[PDB]
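Heading - CB3717 complexed with Thymidylate synthase
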There are 2 protein chains.
Amino acid sequence: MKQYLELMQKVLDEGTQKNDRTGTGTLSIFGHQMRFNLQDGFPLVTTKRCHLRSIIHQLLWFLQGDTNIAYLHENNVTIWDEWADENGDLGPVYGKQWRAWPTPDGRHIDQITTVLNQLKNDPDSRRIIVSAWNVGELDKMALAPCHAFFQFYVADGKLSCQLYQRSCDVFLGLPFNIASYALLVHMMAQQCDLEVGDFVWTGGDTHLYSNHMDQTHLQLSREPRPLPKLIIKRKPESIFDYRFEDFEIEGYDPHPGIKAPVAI
Amino acid sequence: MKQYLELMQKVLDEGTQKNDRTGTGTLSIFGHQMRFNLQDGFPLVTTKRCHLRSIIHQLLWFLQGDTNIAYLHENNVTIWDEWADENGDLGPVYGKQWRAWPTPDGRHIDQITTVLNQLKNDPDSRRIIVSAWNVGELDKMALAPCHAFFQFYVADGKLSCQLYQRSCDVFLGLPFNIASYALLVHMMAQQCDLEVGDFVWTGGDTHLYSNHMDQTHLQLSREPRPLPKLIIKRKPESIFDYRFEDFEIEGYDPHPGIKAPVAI
Ligand SMILES: C#CCN(Cc1ccc2[nH]c(N)nc(=O)c2c1)c1ccc(C(=O)N[C@@H](CCC(=O)O)C(=O)O)cc1
Ligand SMILES: C#CCN(Cc1ccc2[nH]c(N)nc(=O)c2c1)c1ccc(C(=O)N[C@@H](CCC(=O)O)C(=O)O)cc1
Ligand SMILES: *c1cc(=O)[nH]c(=O)n1[C@H]1C[C@H](O)[C@@H](COP(=O)(O)O)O1
Ligand SMILES: O=c1ccn([C@H]2C[C@H](O)[C@@H](COP(=O)(O)O)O2)c(=O)[nH]1
């Protein structure tokens with residue numbers, strides 16, 4: 001996508017070499033925002049083939065409030081296996097925070113039902129937020145949340161979403177996240193009988209790892225193609241009842257996949 | 001300031017009319033970002049006169065862990081009175097979350113001291129974050145956090161900060177908020193012997209209130225004057241040790257004040 005390849009080049013041209021936690025090295029910038037008008041097409045990168053199976057099962061996993069990779073496993077998704085403990089868990093990661101944030105006094109708050117009731121009952125609210133950054137449980141988490149925080153907005157019947165991402169690996173993880181949250185805005189918009197608007201991505205430390213340098217070069221030389229269109233094939237009676245079969249992506253003619261090693 | 005005045009012009013050129021919680025009516029855009037290089041000058045608006053007494057005092061109150069207005073009152077700062085209860089209390093807002101976020105296992109996390117340890121011992125961390133958005137306590141808060149989350153970053157011995165403001169009142173609140181976080185970056189950097197980098201502001205619902213349209217156009221007709229300079233006269237043993245008197249702003253000549261109503 002033009003904005004995405006412009007962020008790749010930006011990093012390449014201005015990033016500073018930093019030693020990172022892995023000991024691989026990064027080239028990074030701090031502060032970047034991208035806007036994707038969703039009316040114009042689905043933001044799935046077309047300069048490399050992106051595979052939806054993982055994107056979709058991971059979002060449905062999250063909305064279930066499940067932090068154990070068994071479902072993911074049962075659906076052939078491997079992305080979280082490195083971080084999961086001895087018997088499948090990640091501790092209170094994304095889905096537990098989304099569906100059951102623990103109050104200090106023992107109650108649990110369901111930020112996705114809150115956000116649903118806010119979109120139907122109070123759509124002009126300036127507080128339609130879901131936060132995964134639970135400072136009090138970060139220590140029990142296999143990995144601190146990368147896509148930490150997000151905010152919805154309604155104006156002239158359209159639903160927009162801004163995501164704050166504290167840490168971003170441009171080559172591998174950024175295409176994944178952009179699509180994931182663009183997909184949640186379409187699910188969220190359908191349930192609330194609403195139009196889709198903008199997806200705004202904002203990042204903190206945005207970086208390209210030293211061993212993805214050739215792959216970036218290879219991806220930057222390809223021309224972006226027309227964006228696909230997402231088809232949602234049936235309306236559930238809740239956001240919690242969507243299934244993998246419900247989604248279809250028409251128009252996606254990508255350049256071939258580029259493989260690149262993960263720095264863990 | 002060029003950046004601030006361009007944002008106001010943008011809200012005026014691209015905003016949608018939206019009704020707010022206080023029913024006064026706003027003009028809003030969703031998603032903006034702007035960067036202020038702190039080496040260029042101290043970002044206090046000059047197209048209208050700002051009073052620095054309250055920017056410093058509120059920030060020391062926050063760093064104290066305080067959420068009761070009495071301190072602010074004896075330094076006659078009345079910016080928080082409209083929201084405080086009978087006993088001066090605001091409930092667990094900024095100062096309490098920053099200095100003692102309550103966990104579900106009995107602990108409390110001092111997020112400012114943690115940030116300082118990270119800048120000293122692990123400055124390349126992508127996790128140097130302070131969040132006031134505590135979902136399990138928002139119902140005890142007198143007002144939900146508008147400046148909800150901020151991230152620090154250290155590159156070439158320069159400290160930068162990125163603030164995410166979920167709701168922004170552009171005429172009243174935003175000159176207060178930019179000056180407050182630029183102060184904290186200078187204080188942090190002084191304590192850690194770092195130079196100042198950039199303060200990067202990102203907003204969610206960024207808006208102008210309807211009863212502010214004339215004051216905004218008045219402001220916009222003015223030329224920015226050269227930015228002031230911040231001189232700190234002491235290096236306190238800790239960041240919790242600063243006094244009002246340790247700060248001096250040099251060469252600040254603003255255009256006349258412009259007065260305007262608060263929506264409560
Ligand atoms: C992001 C995320 C979830 N994850 C992992 C993952 C890792 C660290 C994290 N760290 C943090 N802070 N939060 C997370 O949500 C998180 C998630 C991913 C893992 C691998 C690939 C990946 O290598 N993609 C390959 C192909 C495989 C595929 O299609 O799945 C590629 O070529 O793109 C993508 C996403
Ligand atoms: C941000 C922030 C902190 N705050 C708290 C705070 C809380 C709720 C809010 N609600 C709304 N609608 N807008 C805000 O800017 C806002 C700000 C402020 C409170 C008042 C003023 C204000 O009226 N100041 C006068 C100056 C005179 C004085 O010192 O009293 C002004 O004309 O600007 C500014 C900031
Ligand atoms: C809140 C906090 C601050 O210091 N600065 C701000 O600009 N605000 C503003 C935003 C909005 O005008 C109002 C809060 O209303 P709501 O909670 O968003 O509904 O104060
Ligand atoms: O949604 C995601 C998930 C992970 N990552 C990457 C960012 C960093 O490369 C790493 C997170 O590690 P720390 O920043 O906590 O060190 O995973 C992303 O870019 N996006």
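Sequence lines set the chain letters: A, B, ... in the order given, protein chains first and strands last, and positions in each chain run from 1. Start at 1 and go down the list; that is how both ligands and their atoms are numbered. Quick note: numbers below take in every heavy atom, side chains included, and nothing from hydrogens, waters or symmetry partners.
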Subject >> Ligands or chains of CB3717 >> reply: ligands 1 and 2
Original post:
Heavy atoms under 4.0 Å from CB3717 (ligand 2): which other chains do they belong to?
Top reply: B
Original post:
Which dUMP-binding residues that UniProt annotates in chain B are found with a heavy atom under 4.0 Å from CB3717 (ligand 2)?
Top reply: B/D169, B/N177, B/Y209
Original post:
Does atom 2 (C) of CB3717 (ligand 2) have any protein heavy atom closer than 4.0 Å?
Top reply: yes
Original post:
Within the structure, does at least one protein heavy atom fall under 4.0 Å of atom 10 (N) of CB3717 (ligand 2)?
Top reply: yes
**OP:** Around atom 12 (N) of CB3717 (ligand 2), find the nearest protein heavy atom and jot down its residue, atom name and distance.
**Re:** B/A263 O, 2.8 Å
Subject >> Part of B/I264 with heavy atoms under 4.0 Å of CB3717 (ligand 2), whether side chain, backbone, both or neither >> reply: neither
**OP:** Please determine if B/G173 has a nitrogen or oxygen closer than 3.5 Å to a nitrogen or oxygen of CB3717 (ligand 2).
**Re:** yes
Original post:
If you look at the UniProt active-site residues of chain B, which one is closest to CB3717 (ligand 2), and how far apart are the nearest heavy atoms, to 1 Å?
Top reply: B/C146, 6 Å
**OP:** Work out whether the distance between some heavy atom of B/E82 and some atom of CB3717 (ligand 2) is less than 4.0 Å.
**Re:** no
Original post:
To the nearest 0.1 Å, how far is atom 18 (C) of CB3717 (ligand 2) from its closest protein heavy atom, and which atom is that?
Top reply: B/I79 CB, 4.0 Å
Original post:
Under a 4.0 Å heavy-atom limit, does B/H51 contact CB3717 (ligand 2) with its side chain, its backbone, both, or neither?
Top reply: neither
**OP:** Report yes or no: does B/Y209 have a heavy atom closer than 4.0 Å to CB3717 (ligand 2)?
**Re:** yes
Original post:
Evaluating non-hydrogen atoms only, which member of B/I258, B/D169, B/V262 is closest to atom 13 (N) of CB3717 (ligand 2)?
Top reply: B/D169
**OP:** Name the residues that contact CB3717 (ligand 2) at heavy-atom distances below 4.0 Å.
**Re:** B/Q58, B/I79, B/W83, B/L143, B/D169, B/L172, B/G173, B/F176, B/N177, B/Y209, B/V262, B/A263
Would you mind listing each N/O atom of CB3717 (ligand 2) next to any protein N/O under 3.5 Å, plus the distance?
unit_1: CB3717 (ligand 2); atom_1: 10 (N); unit_2: B/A263; atom_2: O; d: 3.4
unit_1: CB3717 (ligand 2); atom_1: 12 (N); unit_2: B/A263; atom_2: O; d: 2.8
unit_1: CB3717 (ligand 2); atom_1: 13 (N); unit_2: B/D169; atom_2: OD2; d: 2.8
unit_1: CB3717 (ligand 2); atom_1: 15 (O); unit_2: B/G173; atom_2: N; d: 3.0

